[PDB]
Participant: 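Here is Bestatin bound to leukotriene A-4 hydrolase.
For the single chain, residues carry numbers from 1 onward in sequence order. Just so you know, ligand 1 is whichever comes first in the structure, and atom 1 is the first atom listed for that ligand. Any value given below was found using the heavy atoms of this structure, including those in side chains, with hydrogens, waters and symmetry copies removed.
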Amino acid sequence: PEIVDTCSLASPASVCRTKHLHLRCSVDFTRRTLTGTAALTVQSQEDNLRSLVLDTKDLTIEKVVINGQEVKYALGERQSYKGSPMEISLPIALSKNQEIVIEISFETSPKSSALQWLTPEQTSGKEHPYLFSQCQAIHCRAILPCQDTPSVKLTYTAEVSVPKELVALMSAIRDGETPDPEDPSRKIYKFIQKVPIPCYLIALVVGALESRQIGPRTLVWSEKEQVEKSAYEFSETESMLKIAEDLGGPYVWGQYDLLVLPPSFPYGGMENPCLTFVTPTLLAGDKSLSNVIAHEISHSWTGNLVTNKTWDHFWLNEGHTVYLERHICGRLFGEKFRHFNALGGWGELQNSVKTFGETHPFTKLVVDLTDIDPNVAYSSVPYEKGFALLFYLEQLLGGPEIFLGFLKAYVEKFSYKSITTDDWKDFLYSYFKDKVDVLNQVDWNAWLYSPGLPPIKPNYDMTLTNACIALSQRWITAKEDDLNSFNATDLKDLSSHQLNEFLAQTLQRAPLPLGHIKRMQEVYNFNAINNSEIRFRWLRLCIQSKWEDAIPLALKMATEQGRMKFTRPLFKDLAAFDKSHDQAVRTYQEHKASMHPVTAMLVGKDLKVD
Ligand SMILES: CC(C)C[C@H](NC(=O)[C@@H](O)[C@H](N)Cc1ccccc1)C(=O)O
Ligand SMILES: [Yb+3]
Ligand SMILES: [Zn+2]
């Protein structure tokens, strides 16, 4: 079983493995460059190893030092989104298992796809700049030379010099701070990550950060203006951690902190070890969007302990995590809620499959990313089709109690390892040996390798979903003279979640007549709702139903925050509506330079500009 990572240009794990990274760098806001040395302790896996290749992307290399002497290295031609391979000539051939340290002096480009540099005006405080990284999937190579593949796991230590007024934090345990001996206007923050991790989990943030403790092993960090709101919004964090520990085994990372980033953070959450990054769009005021914390917490087992070997097997990370996530919510709020969320996930899968096309390669559970930018293939498929498969197996094999026994042994079995779908499947068969008959009823080829919706849809309790569907159907089948019958009391017994699902169901049948949409605003006043998931769906419904009043509202939401999940579909809907098309494009052209590099690239592609 020889498997290569087609998204990486580095020497594979079968040739050599990075065991540790000692990073020493300075964050230069005036130049928007990170400069320093990356000392990689590498272990040869081959006899007579004389060179090796690392991934790099828009990096400027000053020199490479081994045994205190500069050595030869060469940068190959850039290969689009993969960057440029860096081949290093070892000064002395290595035997199998020999380890050496390679010190690389480098500097990042202001354009690094792993970073977003924000001016003071783009922050809450308005006085200090801010920097944040986002390495998943393959952007770590845009910060430092490395074997940018999740098939290799390393520990790391780091020293980061930053303006003394600011604070640095990383996906690691804080290991002290001191004034920078080479520059008194700076402070050096130190970090240590003793647990081997794939490099996509390396993370850094530098800004005017403050903290507040919200649990025995949790601090929430953000700019001062957001601290109080965040402490409240995420107060269930420790109870979610305890439940996750009960599902996957002991939490091995020490601390579990949360960092609430500026509005341009591209995801709802990112499971960086010891410090989960989250979007400020989660600050609904009622803790209603907390499934995102449950999800990132779950990656502490599925994703960070047991890791997908290559991005072709991404579903292993997300599928199991969404499955654990819904179990935490099920324990906190009831089995019927778990089913409600499961069913909602299926609807999101329908949307993705419909958007790409039912035969499209990106709708396969296991995808082949050779020549495909992972940012482009990213969708809800690995999450929901992966979740649907596990939920299907759960029902097939005897229920949640039994399948949760499998998930815990799976984590235990593959801790600190990087695996493929076959490893997963092999273990599933081993664990459920007394039920191979049942496992053999599964159409494996269709589930794992065929595009479109899964061959089978799991059974779902519909208790909580029914009222959402009923109301959605009343609006869709209503004619003009039925509009008067709608009234605020329709929403009387719906939770924010059900309100959201009601909108999701209606959005699947959009457009609705303009008159229906105006009436909906008249009786439900959806424009007043600040919950970002609800606002997102409501505005999409308004724009697709061609209500010009919603144009400025949609443009505003699309630009004041940058969570891709919201910004991309909003710009896309605005561009597809002829009345807002020109302004959408113009708005994008205008904000482009100040957006997240990756998000700007994807929106540009979606709008067919550039
Ligand atoms: C509750 C979750 C579905 C929220 C979701 N976040 C995730 O799934 C994170 O764990 C992912 N690690 C986000 C990600 C995936 C691929 C490349 C870069 C970043 C998101 O939408 O941000
Ligand atoms: Yb009628
Ligand atoms: Zn995830």
Participant: Identify all ligands or chains assigned to Bestatin.
Facilitator: ligand 1
Participant: Does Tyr383, backbone or side chain, put an N or O under 3.5 Å from an N or O of Bestatin?
Facilitator: yes
Participant: Looking only at distances, can you tell me whether any N or O atom of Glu271, backbone or side chain, sits closer than 3.5 Å to an N or O atom of Bestatin?
Facilitator: yes
Participant: Which UniProt peptide binders of chain A are under 4.0 Å from Bestatin in heavy-atom terms?
Facilitator: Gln134, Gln136, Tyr267, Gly268, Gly269, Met270, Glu271
Participant: Compute the shortest N/O to N/O distance between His295 and Bestatin and return yes if it is under 3.5 Å, no if not.
Facilitator: yes
Participant: N/O of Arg563 under 3.5 Å from N/O of Bestatin, yes or no?
Facilitator: no
Participant: Does any N or O atom in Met270 lie less than 3.5 angstrom from one in Bestatin, N or O only?
Facilitator: no
Participant: Can you find an N/O atom of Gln134 closer than 3.5 Å to an N/O atom of Bestatin?
Facilitator: no
Participant: Identify every other ligand or ion with an atom closer than 4.0 Å to Bestatin.
Facilitator: ligand 3 (zinc ion)
Participant: Could you tell me if any non-hydrogen atom of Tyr200 lies under 4.0 Å from any atom of Bestatin?
Facilitator: no
Participant: Below 3.5 angstrom, do we get any N/O pair linking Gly269 and Bestatin?
Facilitator: yes
Participant: If you take the residues UniProt annotates as binding Zn(2+) in chain A, which of them have a heavy atom under 4.0 Å from Bestatin?
Facilitator: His295, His299, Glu318
Participant: Are any of the N or O atoms of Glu296 closer than 3.5 Å to those of Bestatin?
Facilitator: yes
Participant: Regarding Bestatin, does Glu325 bring an N or O atom to under 3.5 Å of one of the ligand's N or O atoms?
Facilitator: no
Participant: Okay, heavy atoms under 4.0 Å: who's in the binding site of Bestatin?
Facilitator: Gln134, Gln136, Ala137, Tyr267, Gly268, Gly269, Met270, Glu271, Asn291, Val292, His295, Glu296, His299, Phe314, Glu318, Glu325, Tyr378, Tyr383
